[PDB]
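Opening notes on melatonin bound to Ribosyldihydronicotinamide dehydrogenase [quinone].
Within every chain, numbering begins at 1; the chains are lettered A, B, ... in the order of the sequence lines, protein sequences first and strands thereafter. Just so you know, ligand 1 is whichever comes first in the structure, and atom 1 is the first atom listed for that ligand. Reckoned from all heavy atoms, side chains included, excluding hydrogens, waters and symmetry mates. The deposited model was determined using X-ray crystallography, 1.6 Å.
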There are 2 protein chains.
Amino acid sequence: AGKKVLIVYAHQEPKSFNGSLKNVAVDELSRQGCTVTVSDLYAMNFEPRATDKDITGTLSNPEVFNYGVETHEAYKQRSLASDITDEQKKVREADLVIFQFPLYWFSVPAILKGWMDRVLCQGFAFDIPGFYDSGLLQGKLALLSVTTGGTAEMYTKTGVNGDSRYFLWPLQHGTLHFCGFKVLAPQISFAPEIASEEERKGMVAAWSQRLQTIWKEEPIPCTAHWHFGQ
Amino acid sequence: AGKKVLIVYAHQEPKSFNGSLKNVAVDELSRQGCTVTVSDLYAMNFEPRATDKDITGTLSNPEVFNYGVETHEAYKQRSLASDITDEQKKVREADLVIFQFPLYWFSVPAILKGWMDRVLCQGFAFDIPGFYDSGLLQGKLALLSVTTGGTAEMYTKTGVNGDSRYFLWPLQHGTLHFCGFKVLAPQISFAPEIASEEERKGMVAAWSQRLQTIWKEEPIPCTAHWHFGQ
Ligand SMILES: Cc1cc2nc3c(=O)[nH]c(=O)nc-3n(C[C@H](O)[C@H](O)[C@H](O)COP(=O)(O)OP(=O)(O)OC[C@H]3O[C@@H](n4cnc5c(N)ncnc54)[C@H](O)[C@@H]3O)c2cc1C
Ligand SMILES: Cc1cc2nc3c(=O)[nH]c(=O)nc-3n(C[C@H](O)[C@H](O)[C@H](O)COP(=O)(O)OP(=O)(O)OC[C@H]3O[C@@H](n4cnc5c(N)ncnc54)[C@H](O)[C@@H]3O)c2cc1C
Ligand SMILES: COc1ccc2[nH]cc(CCNC(C)=O)c2c1
Ligand SMILES: COc1ccc2[nH]cc(CCNC(C)=O)c2c1
Ligand SMILES: [Zn+2]
Ligand SMILES: [Zn+2]
């Protein structure tokens, strides 16, 4: 209600189920009085590739290009490409970052993987040392709102695809927790293409419903046990 | 007769450790008499975004764009973009596909995620019921040759990053095994940037040596147990 939210959205079609989930999030968070910003990656033609065009100043080592080293320096020097710094400003100001996307190969679509690769650079999102619980984005919350082609049953320990929490590991732990985020439970909307119109409406309303009390939620314990068990 | 190998390579710098690993694989497999092809993604400025430009001609439903449906239809109608079909031909002809890349956020760099998203389309790499053990690329071998920033110790069951098999899941099981590939054990070159010059030349040498008997190797048992179990 007195918070800022950044929604990083990755779907090509406004009329899609992902489009609906993104829109209801904007509607509900706005109704609450929150400040809301959406980075619609495909509409922005967001650059996913990590290249030397991401640094505009003199390279530290112009003979052997190392993306991590050069972007870390460029961040400190303020010589990163502006599309990257534009996103960093949104993240810096946000209290909560919601990622809205369809699962592609049990991960994020490449345009969103590119956002992770390029925006969460050393110096901004983490440092060495300064990761996991000491990540630079500590104090901020993050939530993955994903949609799948597979059904919930397929995403179980005994299902063909295994438990859904397994594929969340690189994203929730390896990325968000690594950067210091407290991770809220994922919103997983299963197989909307298969579901009925009513079921679809039900999944949208369940997300809107959850958002009504999102600020009262506790984050998940982002650990190997939560993700894998035993 | 002999064997064909496709190396999908994702690094910006020819002089990099990844570059050396790619070059030694070409050298050794070429020496053995194998047919070798390399898709140098950054040099090709490979497009990572899944968009409507991936279909030439007219869409099956230009009212509501569904990437999966549209690319499935385009594959069947021979209407996919040429960058995608060029890669599919290389995959179709290959007996082994080696992916050479540095680990970015517990996964592949976005440009390689884009190759995965755009090249491995329904109808080409999988279908109903062609998936996992019956995936359409059955008969082919696949192998991940990854370099990391974190030490082998950090990637232990109780290490801060967790076991490496944890992040391998979405790639080995969710992607490669899903498409029918028999997955060979991953080649992990841990923290080459911190290692000594000789430890480095050592890691390169180990990879070249392993490649000497790559065709005698047996595919790992790609299962939830292999990745998380004991
Ligand atoms: C490259 C690629 C890789 C993939 N890999 C995976 C994977 O690893 N695992 C997996 O499980 N899936 C995978 N998928 C499938 C993908 O995750 C699903 O297609 C996606 O999650 C469905 O989301 P959508 O928004 O596109 O659905 P839509 O096609 O939009 O379908 C949802 C339906 O809901 C309707 N709808 C929209 N808004 C509303 C509303 N407000 N109320 C009611 N109905 C509404 C739509 O019109 C539509 O008919 C992959 C897809 C691609 C293209
Ligand atoms: C966006 C991003 C996200 C990342 N996320 C992760 C992550 O999730 N997990 C993680 O662990 N790390 C992560 N990293 C780190 C990354 O995985 C490592 O930086 C990368 O794997 C190192 O490989 P390289 O080829 O770039 O090394 P290089 O720096 O190119 O090479 C290391 C050294 O080897 C030397 N060398 C090259 N060839 C040879 C040879 N033939 N013999 C001897 N010496 C040689 C080089 O000159 C150099 O000094 C991330 C990096 C970035 C930029
Ligand atoms: C990995 O498992 C799945 C499961 C359900 C799915 N539905 C659709 C796709 C992929 C469709 N991509 C293209 C480019 O055509 C898919 C993959
Ligand atoms: C997990 O996320 C990341 C992201 C960008 C990165 N750059 C470099 C490293 C690892 C290098 N650290 C040590 C001391 O082993 C890294 C990790
Ligand atoms: Zn965690
Ligand atoms: Zn498997």
For melatonin, what are all the matching ligand numbers or chain letters? ligands 3 and 4
Tell me which other chains have a heavy atom under 4.0 Å from melatonin (ligand 3). A, B
Could you check whether atom 15 (O) of melatonin (ligand 3) has a protein contact, counting only heavy atoms that fall below 4.0 angstrom? yes
Out of A:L103, B:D117, B:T71, whose heavy atom sits nearest atom 13 (C) of melatonin (ligand 3)? B:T71
Counting each atom of melatonin (ligand 3) from 1 as listed, which ones have a heavy atom of A:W105 under 4.0 Å away? 1 (C)
Have a look at B:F126, B:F178, B:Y132 and point out the one with the heavy atom closest to atom 12 (N) of melatonin (ligand 3). B:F126
Give the residues of chain B annotated by UniProt as substrate-binding that have any non-hydrogen atom less than 4.0 Å from melatonin (ligand 3). B:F126
For atom 5 (C) of melatonin (ligand 3), what is the nearest protein heavy atom, given as residue, atom name and distance? A:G149 CA, 4.3 Å
B:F124 to melatonin (ligand 3), any heavy atom closer than 4.0 Å: no
Could you tell me, atom by atom, which parts of melatonin (ligand 3) come under 4.0 Å of a heavy atom of B:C121? 13 (C), 14 (C), 15 (O)
Atom indices of melatonin (ligand 3) within 4.0 angstrom of B:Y67 heavy atoms, with elements: 14 (C)
Which other-chain residues have at least one non-hydrogen atom less than 4.0 Å from melatonin (ligand 3)? A:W105, A:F106, B:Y67, B:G68, B:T71, B:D117, B:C121, B:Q122, B:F126, B:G174, B:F178
Could you pull out every N or O of melatonin (ligand 3) that sits under 3.5 Å from a protein N or O, with the distance for each pair?
residue              : atom   : partner : partner atom : Å
melatonin (ligand 3) : 15 (O) : B:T71   : OG1          : 2.7
melatonin (ligand 3) : 15 (O) : B:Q122  : N            : 3.2

